[PDB]
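Entry featuring indinavir.
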There are 2 protein chains.
Amino acid sequence: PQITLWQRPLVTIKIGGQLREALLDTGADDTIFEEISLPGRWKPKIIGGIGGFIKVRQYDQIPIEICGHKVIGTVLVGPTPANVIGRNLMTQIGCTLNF
Amino acid sequence: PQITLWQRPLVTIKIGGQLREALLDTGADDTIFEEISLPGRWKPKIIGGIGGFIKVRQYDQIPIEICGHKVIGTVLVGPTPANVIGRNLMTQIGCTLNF
Ligand SMILES: CC(C)(C)NC(=O)[C@@H]1CN(Cc2cccnc2)CCN1C[C@@H](O)C[C@@H](Cc1ccccc1)C(=O)N[C@H]1c2ccccc2C[C@H]1O
(Lines of atoms letter the chains of each structure in order from A and count residues from 1; the text may use other names and numbers.)
(Lines give C-alpha, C1' and ligand atoms only; values in the text may rest on other atoms or scores of the structure.)
Protein backbone atom coordinates (compact mmCIF):
# COMPACT_ATOMS: atom_id res chain seq x y z
CA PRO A 1 0.00 0.00 0.00
CA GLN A 2 0.95 3.66 -0.41
CA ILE A 3 1.17 5.79 2.74
CA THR A 4 1.27 9.58 2.83
CA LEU A 5 3.03 11.37 5.69
CA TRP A 6 0.35 13.78 6.90
CA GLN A 7 0.16 11.57 9.96
CA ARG A 8 2.63 9.23 11.65
CA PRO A 9 3.10 6.13 9.48
CA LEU A 10 1.84 3.49 11.93
CA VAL A 11 1.35 -0.18 11.15
CA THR A 12 0.00 -3.02 13.22
CA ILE A 13 2.41 -5.88 13.84
CA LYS A 14 2.39 -9.35 15.38
CA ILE A 15 5.56 -10.42 17.19
CA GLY A 16 6.06 -13.15 19.79
CA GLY A 17 2.35 -13.88 19.77
CA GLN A 18 1.75 -10.28 20.85
CA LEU A 19 0.10 -7.40 18.98
CA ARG A 20 1.53 -3.88 18.72
CA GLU A 21 1.74 -0.76 16.57
CA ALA A 22 5.11 0.27 15.13
CA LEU A 23 5.99 3.44 13.24
CA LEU A 24 7.54 2.92 9.81
CA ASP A 25 10.77 4.81 10.39
CA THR A 26 13.15 5.29 7.46
CA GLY A 27 15.39 7.26 9.80
CA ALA A 28 16.01 4.20 11.98
CA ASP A 29 18.64 1.60 11.06
CA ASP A 30 17.23 -0.83 13.62
CA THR A 31 13.87 -1.91 14.99
CA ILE A 32 13.08 -1.40 18.66
CA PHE A 33 10.09 -2.02 20.90
CA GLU A 34 9.16 -0.57 24.28
CA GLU A 35 7.98 -3.68 26.13
CA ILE A 36 7.36 -7.16 24.68
CA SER A 37 8.31 -10.62 25.94
CA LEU A 38 10.72 -12.29 23.55
CA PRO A 39 12.02 -15.84 24.10
CA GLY A 40 15.63 -16.95 24.20
CA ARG A 41 19.09 -15.45 24.55
CA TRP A 42 20.13 -11.93 23.62
CA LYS A 43 23.20 -9.71 23.45
CA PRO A 44 23.44 -6.31 25.14
CA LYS A 45 23.43 -3.36 22.76
CA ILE A 46 23.62 0.38 23.28
CA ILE A 47 21.94 2.40 20.56
CA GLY A 48 22.25 6.11 19.95
CA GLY A 49 19.37 8.31 18.93
CA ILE A 50 18.43 11.94 19.07
CA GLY A 51 18.65 12.92 22.73
CA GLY A 52 21.10 10.30 23.95
CA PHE A 53 22.02 6.60 24.15
CA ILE A 54 20.04 3.71 25.66
CA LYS A 55 20.85 0.19 26.78
CA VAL A 56 18.81 -2.48 25.03
CA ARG A 57 18.92 -6.23 24.45
CA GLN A 58 19.34 -7.62 20.97
CA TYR A 59 17.30 -10.59 19.77
CA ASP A 60 18.18 -12.10 16.38
CA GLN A 61 16.12 -14.27 14.05
CA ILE A 62 12.83 -12.98 15.45
CA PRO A 63 9.67 -13.71 13.40
CA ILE A 64 7.55 -10.59 12.97
CA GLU A 65 4.42 -9.87 10.95
CA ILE A 66 4.35 -6.32 9.59
CA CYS A 67 1.07 -5.22 8.02
CA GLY A 68 0.29 -8.82 7.08
CA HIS A 69 3.79 -9.52 5.75
CA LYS A 70 5.97 -12.19 7.35
CA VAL A 71 9.63 -11.40 7.96
CA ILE A 72 12.40 -12.32 10.37
CA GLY A 73 15.24 -10.24 11.71
CA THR A 74 16.90 -8.81 14.77
CA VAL A 75 14.56 -6.91 17.06
CA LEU A 76 15.72 -4.70 19.91
CA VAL A 77 13.87 -4.28 23.18
CA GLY A 78 14.49 -1.29 25.42
CA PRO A 79 13.32 2.05 26.90
CA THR A 80 12.08 3.74 23.71
CA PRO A 81 9.17 6.21 23.76
CA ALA A 82 7.69 4.68 20.60
CA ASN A 83 7.82 1.32 18.84
CA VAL A 84 9.71 1.71 15.57
CA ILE A 85 10.30 -0.51 12.55
CA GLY A 86 13.68 0.27 11.01
CA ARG A 87 15.23 -0.25 7.58
CA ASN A 88 16.58 -3.65 8.67
CA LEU A 89 12.98 -4.87 8.44
CA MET A 90 11.45 -2.33 6.06
CA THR A 91 13.78 -3.63 3.35
CA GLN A 92 12.41 -7.14 3.87
CA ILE A 93 8.83 -6.11 3.11
CA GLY A 94 10.10 -4.11 0.13
CA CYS A 95 9.28 -0.64 1.48
CA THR A 96 10.42 2.45 -0.46
CA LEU A 97 10.19 6.24 -0.27
CA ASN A 98 8.68 7.99 -3.29
CA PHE A 99 8.39 11.60 -4.45
CA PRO B 1 12.20 9.40 -7.45
CA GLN B 2 11.98 6.01 -5.73
CA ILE B 3 14.36 5.27 -2.87
CA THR B 4 14.96 1.81 -1.41
CA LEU B 5 16.05 1.43 2.20
CA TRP B 6 19.13 -0.80 1.99
CA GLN B 7 21.10 2.32 2.95
CA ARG B 8 20.22 5.53 4.79
CA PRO B 9 17.94 7.70 2.60
CA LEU B 10 20.14 10.78 2.45
CA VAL B 11 19.37 13.72 0.21
CA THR B 12 21.22 16.90 -0.56
CA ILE B 13 19.58 20.11 0.61
CA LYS B 14 20.16 23.85 0.42
CA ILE B 15 19.02 26.02 3.30
CA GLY B 16 20.03 29.53 4.29
CA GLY B 17 22.47 29.55 1.39
CA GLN B 18 24.32 26.55 2.82
CA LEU B 19 24.56 22.97 1.60
CA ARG B 20 23.76 20.00 3.83
CA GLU B 21 23.06 16.27 3.73
CA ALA B 22 19.83 15.20 5.42
CA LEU B 23 18.03 11.96 6.25
CA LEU B 24 14.56 11.37 4.83
CA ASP B 25 13.04 10.40 8.16
CA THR B 26 9.43 9.20 8.12
CA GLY B 27 9.71 8.60 11.85
CA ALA B 28 10.33 12.28 12.64
CA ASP B 29 7.47 14.78 12.99
CA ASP B 30 9.90 17.70 12.72
CA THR B 31 13.03 18.71 10.80
CA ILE B 32 16.29 19.42 12.61
CA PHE B 33 19.90 20.28 11.75
CA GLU B 34 23.07 20.06 13.90
CA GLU B 35 24.61 23.43 13.08
CA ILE B 36 23.32 26.00 10.61
CA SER B 37 23.10 29.79 10.84
CA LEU B 38 19.56 30.85 9.99
CA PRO B 39 18.62 34.54 10.28
CA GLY B 40 15.84 36.16 12.30
CA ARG B 41 14.04 35.33 15.52
CA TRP B 42 13.46 31.85 16.86
CA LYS B 43 11.58 30.21 19.73
CA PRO B 44 13.08 27.88 22.33
CA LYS B 45 11.71 24.36 22.01
CA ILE B 46 12.43 20.99 23.53
CA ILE B 47 12.00 17.84 21.47
CA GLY B 48 12.16 14.24 22.60
CA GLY B 49 13.52 11.18 20.88
CA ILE B 50 15.05 7.84 21.74
CA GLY B 51 17.54 8.36 24.53
CA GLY B 52 16.34 11.74 25.72
CA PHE B 53 15.21 15.31 25.12
CA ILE B 54 17.15 18.28 23.74
CA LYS B 55 16.68 22.03 23.71
CA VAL B 56 16.60 23.52 20.21
CA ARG B 57 15.85 26.74 18.35
CA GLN B 58 12.67 26.85 16.32
CA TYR B 59 12.70 28.91 13.13
CA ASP B 60 9.50 29.15 11.11
CA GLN B 61 8.91 29.90 7.44
CA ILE B 62 12.45 28.92 6.48
CA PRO B 63 13.05 28.30 2.76
CA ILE B 64 14.64 24.92 2.10
CA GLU B 65 15.40 23.21 -1.20
CA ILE B 66 15.15 19.45 -0.76
CA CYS B 67 16.46 17.25 -3.56
CA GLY B 68 15.74 20.04 -6.04
CA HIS B 69 12.30 20.87 -4.64
CA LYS B 70 11.68 24.21 -2.97
CA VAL B 71 9.51 24.25 0.15
CA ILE B 72 9.15 26.40 3.26
CA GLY B 73 8.59 25.33 6.84
CA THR B 74 9.69 25.08 10.44
CA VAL B 75 13.30 24.02 10.81
CA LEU B 76 14.84 23.16 14.17
CA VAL B 77 18.52 23.71 14.92
CA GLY B 78 20.02 21.81 17.83
CA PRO B 79 22.40 19.11 19.14
CA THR B 80 21.38 16.23 16.86
CA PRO B 81 23.79 13.47 15.71
CA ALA B 82 22.38 13.73 12.20
CA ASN B 83 20.44 16.19 10.08
CA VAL B 84 16.88 14.95 9.69
CA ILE B 85 14.10 15.91 7.29
CA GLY B 86 10.79 15.30 9.03
CA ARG B 87 7.23 14.68 7.86
CA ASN B 88 6.47 18.39 8.30
CA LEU B 89 8.59 18.90 5.17
CA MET B 90 8.28 15.50 3.50
CA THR B 91 4.58 16.10 2.90
CA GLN B 92 5.54 19.32 1.10
CA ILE B 93 7.49 17.44 -1.57
CA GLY B 94 4.92 14.66 -1.62
CA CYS B 95 6.96 11.78 -0.23
CA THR B 96 5.13 8.53 0.49
CA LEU B 97 6.02 5.09 1.83
CA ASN B 98 5.49 2.18 -0.55
CA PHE B 99 5.29 -1.60 -0.20
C1 LIG C 1 11.33 15.23 15.95
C2 LIG C 1 12.45 14.23 16.38
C3 LIG C 1 13.48 14.51 15.25
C4 LIG C 1 13.04 14.66 17.84
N5 LIG C 1 11.90 12.77 16.42
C6 LIG C 1 12.57 11.65 16.74
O7 LIG C 1 13.77 11.63 17.06
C8 LIG C 1 11.77 10.35 16.70
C9 LIG C 1 11.35 10.06 18.16
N10 LIG C 1 10.57 8.83 18.38
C11 LIG C 1 10.10 8.67 19.80
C12 LIG C 1 9.23 9.76 20.57
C13 LIG C 1 9.82 10.50 21.62
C14 LIG C 1 9.09 11.49 22.34
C15 LIG C 1 7.76 11.73 22.00
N16 LIG C 1 7.07 11.04 20.96
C17 LIG C 1 7.89 10.03 20.25
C18 LIG C 1 11.36 7.66 17.86
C19 LIG C 1 11.83 7.86 16.40
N20 LIG C 1 12.53 9.18 16.18
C21 LIG C 1 12.95 9.35 14.77
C22 LIG C 1 14.27 8.65 14.43
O23 LIG C 1 14.22 8.18 13.08
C24 LIG C 1 15.54 9.51 14.50
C25 LIG C 1 16.88 8.82 14.17
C26 LIG C 1 17.88 9.99 14.20
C27 LIG C 1 19.33 9.58 14.08
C28 LIG C 1 19.86 9.05 12.88
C29 LIG C 1 21.23 8.67 12.83
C30 LIG C 1 22.06 8.84 13.98
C31 LIG C 1 21.52 9.37 15.17
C32 LIG C 1 20.17 9.75 15.23
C33 LIG C 1 17.23 7.72 15.22
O34 LIG C 1 16.75 7.73 16.36
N35 LIG C 1 18.09 6.78 14.80
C36 LIG C 1 18.59 5.64 15.59
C37 LIG C 1 17.57 4.56 16.05
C38 LIG C 1 16.21 4.55 16.50
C39 LIG C 1 15.55 3.33 16.85
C40 LIG C 1 16.22 2.07 16.78
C41 LIG C 1 17.56 1.96 16.35
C42 LIG C 1 18.24 3.14 16.00
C43 LIG C 1 19.62 3.46 15.51
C44 LIG C 1 19.60 4.78 14.77
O45 LIG C 1 19.26 4.78 13.38
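Chains: A, B, ... assigned top-down by sequence line. Here chain A follows the PDB entry for its numbers: 1-99, in order, are the residues you see. Quick note: numbers on chain B are straight from the PDB entry, i.e. 1-99, in order. For ligands, and for the atoms within them, numbers begin at 1 and follow the listed sequence.
- The chain sharing the greatest contact count with indinavir is, according to the PDB entry, HIV-1 protease.
- Other chains making heavy-atom contacts shorter than 4.0 Å with indinavir: A, B.
- Residue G86(B) places every heavy atom at 4.0 Å or more from indinavir.
- Within the set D30(A), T31(B), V56(A), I85(B), the minimum heavy-atom distance to atom 41 (C) of indinavir is found for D30(A).
- Here is the list of indinavir atoms found below 4.0 Å of a heavy atom in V84(A): 39 (C).
- Atoms of indinavir found under 4.0 Å from any heavy atom of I32(A), numbered from 1 in the order shown, are 39 (C), 40 (C).
- Distances from atom 34 (O) of indinavir to the heavy atoms of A82(A), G51(B), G49(A) put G49(A) nearest.
- Atoms of indinavir lying under 4.0 Å from any heavy atom of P81(B), numbered from 1 in the order shown and given with element: 31 (C).
- Using 4.0 Å as the threshold, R8(A) has a heavy atom nearer than that to some atom of indinavir.
- Contact atoms of indinavir toward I47(B): 4 (C) (distance under 4.0 Å to a heavy atom of the residue).
- Atom 14 (C) of indinavir has its closest protein heavy atom at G48(B) O, 3.3 Å.
- Proximity of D25(B) to indinavir, defined as any heavy-atom pair under 4.0 Å, is confined to the side chain (atoms from C-beta onward).
- Atom 39 (C) of indinavir has as its closest protein heavy atom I50(B) CD1, 3.4 Å.
- Residue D29(A) has at least one nitrogen or oxygen atom sitting less than 3.5 Å from a nitrogen or oxygen atom of indinavir, judged on distance alone.
- Each of the atoms 3 (C) of indinavir lies under 4.0 Å from some heavy atom of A28(B).
- At the shortest separation from atom 20 (N) of indinavir among protein heavy atoms lies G27(B) O, 3.9 Å.
- Residues contacting indinavir within 4.0 Å (heavy-atom distance) are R8(A), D25(A), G27(A), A28(A), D29(A), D30(A), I32(A), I47(A), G48(A), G49(A), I50(A), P81(A), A82(A), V84(A), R8(B), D25(B), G27(B), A28(B), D30(B), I47(B), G48(B), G49(B), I50(B), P81(B), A82(B).
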